[PDB]
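Drug on board: dasatinib.
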Protein chains: 4
Amino acid sequence: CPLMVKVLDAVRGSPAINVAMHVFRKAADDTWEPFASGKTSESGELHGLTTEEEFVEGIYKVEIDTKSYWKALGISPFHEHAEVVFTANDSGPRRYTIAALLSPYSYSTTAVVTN
Amino acid sequence: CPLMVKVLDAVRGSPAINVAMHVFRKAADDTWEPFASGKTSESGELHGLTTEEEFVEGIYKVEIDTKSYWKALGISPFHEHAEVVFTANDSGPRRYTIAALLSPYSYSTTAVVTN
Amino acid sequence: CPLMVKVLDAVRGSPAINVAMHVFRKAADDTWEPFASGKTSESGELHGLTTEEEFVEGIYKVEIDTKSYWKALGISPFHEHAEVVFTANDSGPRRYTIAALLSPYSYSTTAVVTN
Amino acid sequence: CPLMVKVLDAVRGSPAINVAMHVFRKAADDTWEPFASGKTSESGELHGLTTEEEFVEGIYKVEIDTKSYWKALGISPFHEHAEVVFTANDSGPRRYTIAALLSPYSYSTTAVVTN
Ligand SMILES: Cc1nc(Nc2ncc(C(=O)Nc3c(C)cccc3Cl)s2)cc(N2CCN(CCO)CC2)n1
Ligand SMILES: Cc1nc(Nc2ncc(C(=O)Nc3c(C)cccc3Cl)s2)cc(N2CCN(CCO)CC2)n1
């Protein structure tokens, strides 16, 4: 599994469950093409987005729908979504774990890249 | 000044100086119209992006060129840029400060919304 | 002002106002000697903690009473306090700004060290 | 396993391996008594610190030796250590995952608490 995303809720101290996200890949014409999508599990994780064969070199964007998450909890947040844009597999295949920590007016994101 | 951006460097413990960013406003056709841009000062701040009259409600995107910043320091970064996407809403006199804390493989962003 | 503290609230998107904190200096017997204290202002800042003459090299601890802050807002917090422990070192004229971003189950802290 | 700690390196985008930490519990005389200690594995995780029976109600402090970690990588960091102080099991047994994200001049910590 070369691309996993983990989302945490900093207000409740819990995984962020049922968080939708869409992954896009930059096409040769500079447009964002849809690549994969899903929602986080009870553990706040989203696995199985892609495979090593499909996950070629490129610029990828993960758009995490944080706004819908907060609204469902009764909170009007600042951000429309959290966005994570990165070049992947530029030096050969890697495994990427994208983590996001969510608050109503703030978010942090980090990446762990393993060979 | 209805919109200010402050950028900090978590590796050097300093303001992030000379960081370029562009601000976009979402158009009716769902495309990003360039709105304002600049580079952070020696204090890591960028002021004078817009005026109260021009800064109407809508969806705005601040795209911070973090990749060029880390490249200038000789440090290999993860992200292509840091993106802050938010809805501006008229609820009394509001001033927006977008703060961003930068590390090579991570970034955090917060909004301070005051009167 | 060789030492300033700025505290932000990631739930409300605002400075964290009226947050009490104590600063300690580590003594030879490895105990924490009270050094300075105060409460953050309406801008979430606390100035005037020490002077250049008094702020000698050593190990310092800033203990931020985040628990009382969240209790005042009716929000159940995780941490008893936020602690920032650091060595102050004389390498040219240096001013320290300790920034802290608060959520109920998370906090981040950064140091901005300038001349 | 009721207490686990996970540490990430935001400069390298990797687990923070071989990070020492000590856990203390506040005694009835208001002193910090040693409770458990260990170092993070190749995955940046520390498991097996305690058991449900031993991990009684109390105020606990996790002191993560971040300074030694950065110095071994050739970096002189700001903080002496990262400190996480919290009341545990106040409403009955819980499982606590403490996460820390490390940069030379900044750290963030969060907690996931599960029943
Ligand atoms: C050193 C400094 N820091 C400022 N503000 C902030 N510092 C840090 C911020 C912040 O949130 N950090 C952060 C953290 C800690 C964790 C995760 C993510 C993040 Cl992003 S916000 C403002 C400031 N000023 C000087 C005085 N000017 C007078 C104008 O009248 C005002 C502006 N100087
Ligand atoms: C690299 C990695 N990180 C994991 N957990 C966390 N990553 C980051 C965490 C976190 O909170 N970051 C953070 C952020 C984002 C901001 C501020 C502050 C912080 Cl601290 S917590 C889990 C994990 N797994 C690999 C796949 N395994 C099998 C599938 O279940 C087990 C899970 N891999």
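By convention in this document, chain letters (A, B, ...) are assigned in the order of the sequence lines, proteins followed by strands, and residues within each chain are numbered from 1. One-based numbering, in listed order, for ligands and for the atoms of each. Scope of the values below: all heavy atoms of this structure, side chains included, with no hydrogens, waters or symmetry mates.
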*From the contacts in this model, which chain binds dasatinib (ligand 2) most extensively, according to UniProt?*
Transthyretin
*If you measure heavy-atom distances to dasatinib (ligand 2), which other chains fall under 4.0 Å?*
A, D
*Please list the residues near dasatinib (ligand 2), using 4.0 Å as the heavy-atom limit.*
A/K6, A/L8, A/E45, A/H47, A/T97, A/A99, A/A100, A/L101, A/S108, A/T110, A/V112, D/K6, D/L8, D/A99, D/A100, D/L101, D/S108, D/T110
*Provide, to 0.1 Å, the distance between atom 24 (N) of dasatinib (ligand 2) and the closest protein heavy atom, together with that atom's residue and name.*
A/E45 OE2, 4.6 Å
*Would you mind listing which atoms of dasatinib (ligand 2) come within a distance below 4.0 Å of any non-hydrogen atom of A/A99?*
7 (N), 8 (C), 15 (C)
*According to the PDB, which organism is the source of chain A?*
Homo sapiens
*Please state which L-thyroxine-binding residues recorded by UniProt for chain A are within 4.0 Å of dasatinib (ligand 2) (heavy atoms only).*
A/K6, A/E45, A/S108
_Could you tell me, atom by atom, which parts of dasatinib (ligand 2) come under 4.0 Å of a heavy atom of A/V112?_
1 (C)
*Which atoms of dasatinib (ligand 2) have any heavy atom of D/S108 under 4.0 Å away?*
17 (C), 18 (C)
*What atoms of dasatinib (ligand 2) come within less than 4.0 Å of a heavy atom belonging to D/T110?*
11 (O)
_I need the atoms of dasatinib (ligand 2) closer than 4.0 Å to a non-hydrogen atom of A/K6, numbered in the order shown._
4 (C), 5 (N), 6 (C), 22 (C)
_Atoms in dasatinib (ligand 2) flagged as close to D/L8, the criterion being non-hydrogen separation under 4.0 Å_ = 7 (N), 8 (C)
Can you produce the list of protein nitrogen or oxygen atoms under 3.5 Å from a nitrogen or oxygen of dasatinib (ligand 2), alongside each distance?
| unit_1 | atom_1 | unit_2 | atom_2 | d |
| --- | --- | --- | --- | --- |
| dasatinib (ligand 2) | 3 (N) | D/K6 | NZ | 3.3 |
| dasatinib (ligand 2) | 30 (O) | A/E45 | OE1 | 2.8 |
| dasatinib (ligand 2) | 30 (O) | A/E45 | OE2 | 3.3 |

